[PDB]
Enquirer: 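Complex: telacebec : Cytochrome bc1 complex cytochrome b subunit.
Chain A is the first sequence line, chain B the second, and so forth, proteins listed ahead of strands; every chain is numbered from 1. The structure shown is a partial extract from the entry, and contact counts are restricted to the extract. Because only heavy atoms are used, hydrogens play no part in the values below, and waters and symmetry mates are left out as well, while side chains stay in. Both counts, for ligands and for their atoms, begin at 1 and track the order of listing.
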There are 2 protein chains.
Amino acid sequence: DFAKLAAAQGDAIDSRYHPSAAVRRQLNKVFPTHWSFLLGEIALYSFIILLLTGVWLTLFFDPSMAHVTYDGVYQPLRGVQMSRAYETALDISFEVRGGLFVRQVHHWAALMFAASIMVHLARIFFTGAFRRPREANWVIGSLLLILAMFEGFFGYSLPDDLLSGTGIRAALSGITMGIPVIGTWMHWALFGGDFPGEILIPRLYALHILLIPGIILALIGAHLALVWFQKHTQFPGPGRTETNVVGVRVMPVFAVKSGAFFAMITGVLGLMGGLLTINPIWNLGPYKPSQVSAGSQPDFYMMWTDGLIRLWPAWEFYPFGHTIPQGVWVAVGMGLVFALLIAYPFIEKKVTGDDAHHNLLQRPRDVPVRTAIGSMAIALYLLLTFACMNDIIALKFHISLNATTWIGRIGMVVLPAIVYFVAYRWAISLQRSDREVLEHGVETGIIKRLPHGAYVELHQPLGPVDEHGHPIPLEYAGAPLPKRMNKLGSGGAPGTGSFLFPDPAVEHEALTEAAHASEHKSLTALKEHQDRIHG
Amino acid sequence: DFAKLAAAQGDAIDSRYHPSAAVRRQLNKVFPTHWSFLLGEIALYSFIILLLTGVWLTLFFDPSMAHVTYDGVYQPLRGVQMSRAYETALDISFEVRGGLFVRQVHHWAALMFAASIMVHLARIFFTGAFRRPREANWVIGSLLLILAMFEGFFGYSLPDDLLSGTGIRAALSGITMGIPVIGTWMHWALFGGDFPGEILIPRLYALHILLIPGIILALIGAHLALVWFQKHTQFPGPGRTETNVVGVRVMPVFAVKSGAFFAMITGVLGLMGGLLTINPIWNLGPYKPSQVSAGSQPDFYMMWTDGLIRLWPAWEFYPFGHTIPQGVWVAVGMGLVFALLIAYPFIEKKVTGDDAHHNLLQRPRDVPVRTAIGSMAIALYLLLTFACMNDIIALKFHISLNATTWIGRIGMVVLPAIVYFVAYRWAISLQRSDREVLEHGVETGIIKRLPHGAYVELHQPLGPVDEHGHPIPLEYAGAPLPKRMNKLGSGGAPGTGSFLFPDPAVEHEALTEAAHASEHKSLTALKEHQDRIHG
Ligand SMILES: CC(C)=CCC/C(C)=C/CC/C(C)=C/CC/C(C)=C/CC/C(C)=C/CC/C(C)=C/CC/C(C)=C/CC/C(C)=C/CC/C(C)=C/CC1=C(C)C(=O)c2ccccc2C1=O
Ligand SMILES: CCCCCCCCCCCCCCCC(=O)O[C@H](COC(=O)CCCCCCC[C@@H](C)CCCCCCCCC)COP(=O)(O)O[C@H]1[C@H](O)[C@H](O)[C@H](O)[C@@H](O)[C@@H]1O
Ligand code: HEM
Ligand code: HEM
Ligand SMILES: CCc1nc2ccc(Cl)cn2c1C(=O)NCc1ccc(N2CCC(c3ccc(OC(F)(F)F)cc3)CC2)cc1
Ligand SMILES: CCc1nc2ccc(Cl)cn2c1C(=O)NCc1ccc(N2CCC(c3ccc(OC(F)(F)F)cc3)CC2)cc1
């Protein structure tokens, strides 16, 4: 008797505890159903996978630089001195069943975590979800993104590897040593000595499995709590206002689709972990200060750092008996970058002056200046990222390495300007397309007028029609407009039988007029709610 | 202008957010001011300290069994092969400023965590705090205690050491490989091979810095959430009923005193970490399977297990080609212990039949059977714990080791019975003391009656007095009774000047009158609240 058991357990829970009010309150919470709002979920989902994979990896990884001979299965590295960390990474790849798969999906999940964070940040930036109600969210999210990047760096740096080892040498050692006042001191504190210090990998392990994931989890808890209680923002629409959330309640619909999206994201990550090779460390011998590779890139989320190193023209300064290495520059760069990312909503509200409680999102086209700024930032990020890959780009695409370096050098100043101009004009053009469709209506096939040979596109008004042919123009309300009759109720009733065979005409009828009635009732209900809001 | 700044920040928070209702509700929550209710806080506080210390130790500890010669500062262990984990523990003790202090306070905080969990469990059990609402909090609390014991085990087992190494060898290896069906399989999965397997310490590190701490943190969060939202239970008293909480609000008083208690507990822990030496691993040579010492004990929270093994009469069984080693027994016994701990409240409500929603605690004396059971359990635990020390007890207190073993063996059945009988009769005698105080009143000095030589105690009634001398007997109400005229308004007006010099008689008179009136106002408020509640 499962129904009776469920009732009894509910009564026990509500008799010991009293969550009925609270449980109902969240089960009834409405979440907007825009696809873009799922972007952030991806990151969360990816994050979860990382945790689930990370713990597994912790059961088989020994962080240390204790030199050891492999003496393991992988023949091409036998008797070769390697840190215990590299030996255990090799053991996970080869010695433990599924270990290659587990660490592969872990690294793919790290990459997806980074990429989905970037996509979510772009979404919220261009849609203006960071305004008055939710700057703090932005801020923590920015911090969150930063942490992710660094943890990723500490992730592929954990298995002491030639690629990851040279990445540590460049970034941590060189840049930290370059910092003027305390740079050498910070370097000696982080490594407990010079670069090959014997307490680096254990410290990175502690930072990467315990500290940074814990901080990220706390910040994600804060993020999701704010989004939950600062109820999600929404795009402008028919019944959508600054004082309501139009969508689907949590329990019936939103929870099911969120869980299904987590399942499908996990499936994508598993398929990648199987079919795609990520960080094949065995090909990468154990780290040695002398051995090198030509590629020598970090994961894509630090490629912008590496490209900024490459493109910055070797500018150093030499004070009284002191050196300020060019590496210093990148540190300042990151500062500014982060200092501008974390603080952006406050600069936006200081310049624009928008200090109002904004709950309705803004289409990126409706904010040409911010859309242009974000496109410029994305262009600079892409330029830096590809500059980090200028070695490989030159190798595969035959372009001289100096030519690629100088293309990046001139680009980091020119390409942002061109992209800003183009994005500004593009946003204004999208606005004008919206205005044109409002004032004329959707476009269709051409007809030749009866008496003469006039050719007219035979538009479709979206609103009331004037006494004559042309309609009354509608007022833009910040919502997307249909540029294709395709997406209206035109030519959209295929036979509902099957792909191969039909269903009886009575069944097809029943179904099609039922769907027509349902969608008309949806439209009518939204319109009636809209009118009831004001009227 | 700190007032203006605070007002502006509050307005900004309440404009971006709307927590005024929630903030007020959590600021007004009432928590009873009984000392025993702070006991659990100790554990939480100590837990926090562990985290704060644990992180510090993760920046300096290298888990591994990579054999290395010390070649460090500690001369007595130089050129001796040992694990990198032991080398880094020694470096923390000697090579890191304050590292010895930090790890000593970490171990002392682990011991205080265990002891305070154990005392808090004693409080909850004897007071019936687990009885209906809060039965789950007992289960989740009992699972915190088990996790804490295992966490401490993996902690002092973490720095590969002679004492901790032999502890691992005994418990984790022998008991695990003694289990009939899967003992060897579990042993090989845990160690990745035979006992000294090269993956043990890194896996224990993963379990001890992240996994088990994470589970404990989540369970503690659930525990505190339940206590917070299942309003904390209270002892019976004047204005206290099943349907209220009498005490102090959170912010002005409870929060300040809780913070001060956290400060005082961390001060005690720091004082212990400095003045008291805990786990001098440098004296404990690096673990070698052929080496062992006489002591060979685990931390107190696990000693009972060892004690059990010492006192269990070497009973084995030999099925067809197989053997169940006597070690198995302790595991089974351990199971039983936890099996009887996690599932106690349900056994209590099955035997007594008492499933009512109890928000008022009950004094241990008021429940003689449960008090006797708890005393019996504590007696068995103490017997086992001291049996685990029978080596040291025999050494210092000259008793033949065989005599101590057999004393423990006979005791683990006799002493619980004697303690049960004594505690039952003691609880009933305490009840009778309370009943006679109610019937007759408090006791005082003796007087010889005027006409004859009668000597009378000169009692002092607590309630209405009958027409003649003797008072109407009061009915027990589940609250402590005053057994000393000490603790009433008797002989309690010392000089308020100072310890050395007086204050002017006017100031003393004003102060004492004000305190006297304040006590009347408090008692009167409680009395009117009582009368309004009942009538
Ligand atoms: C700092 C900086 C960016 C300097 C300049 C370097 C740079 C990016 C130069 C451009 C590279 C190109 C496009 C070379 C083709 C020749 C060329 C320049 C033609 C004129 C360009 C032009 C405007 C043409 C008009 C039409 C048009 C837009 C054509 C673009 C053609 C292309 C390549 C489109 C796709 C863009 C693309 C995927 C570029 C490569 C990006 C990267 C980093 C790929 C990395 C990558 C590599 C390197 C692998 O080897 C590989 C092997 C197996 C599986 C996967 C991969 C993989 O993903
Ligand atoms: C998203 C990325 C978009 C690109 C952004 C940046 C746009 C700004 C472009 C700036 C162009 C600057 C070109 C100058 C560069 C420079 O200064 O270097 C020269 C080499 O000139 C060249 O090649 C001309 C190259 C010009 C091509 C730029 C074309 C634009 C492409 C990249 C756009 C496609 C983007 C597609 C992106 C895909 C989508 C992204 C998501 C000489 O080098 P070198 O080789 O050493 O020659 C030695 C002598 O020196 C020496 O004397 C002589 O003696 C010899 O020894 C000789 O060897
Ligand atoms: C939270 C975001 C996280 C990110 C972005 C991240 C990223 C990464 C990446 C990219 C690697 C490289 C793996 C390889 O190349 O083989 C790695 C390694 C590793 N990660 Fe993380 N990780 C995260 C969380 C965690 C957590 C929570 C744990 C532990 C519970 C963990 C444990 C490990 C371990 C042990 C390794 C080394 C094992 C190996 O390389 O095979 N990670 N991490
Ligand atoms: C949650 C309850 C915890 C308990 C009961 C506990 C207990 C212990 C104990 C008794 C030791 C022995 C240390 C010694 O004798 O020198 C230890 C070692 C250690 N603990 Fe924990 N611990 C806890 C949590 C943590 C946490 C949260 C971390 C990290 C954030 C941590 C990190 C460490 C490290 C790295 C060591 C080895 C360092 C050394 O011994 O030199 N512990 N633990
Ligand atoms: C260098 C580029 C690169 N080339 C290669 C080649 C091959 C491979 Cl495989 C990888 N790469 C990479 C690479 O991956 N780079 C990632 C990276 C870069 C810098 C930092 N930095 C943290 C802060 C430090 C800092 C700054 C300010 C401080 O002051 C404060 F904050 F106030 F305390 C303190 C510390 C500088 C180093 C991290 C990761
Ligand atoms: C042995 C005594 C001792 N002598 C010395 C001498 C010197 C020193 Cl320094 C310390 N000692 C100690 C010592 O500290 N003992 C602590 C101890 C005891 C047992 C276990 N066991 C948990 C369950 C495992 C188990 C069993 C069944 C399971 O089945 C399930 F639950 F269903 F999955 C799962 C796990 C076996 C090990 C741990 C620590």
Enquirer: In terms of chains or ligands, where should one look for telacebec?
Expert: ligands 5 and 6
Enquirer: Tell me the other chains with a heavy atom below 4.0 Å from any atom of telacebec (ligand 6).
Expert: B
Enquirer: Which residues define the site around telacebec (ligand 6) at a heavy-atom cut-off of 4.0 Å?
Expert: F150(B), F153(B), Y156(B), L163(B), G167(B), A170(B), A171(B), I175(B), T176(B), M186(B), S296(B), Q297(B), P298(B), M302(B), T305(B), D306(B), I309(B), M334(B)
Enquirer: Okay, for chain B, which organism does the deposit list?
Expert: Mycolicibacterium smegmatis MC2 155
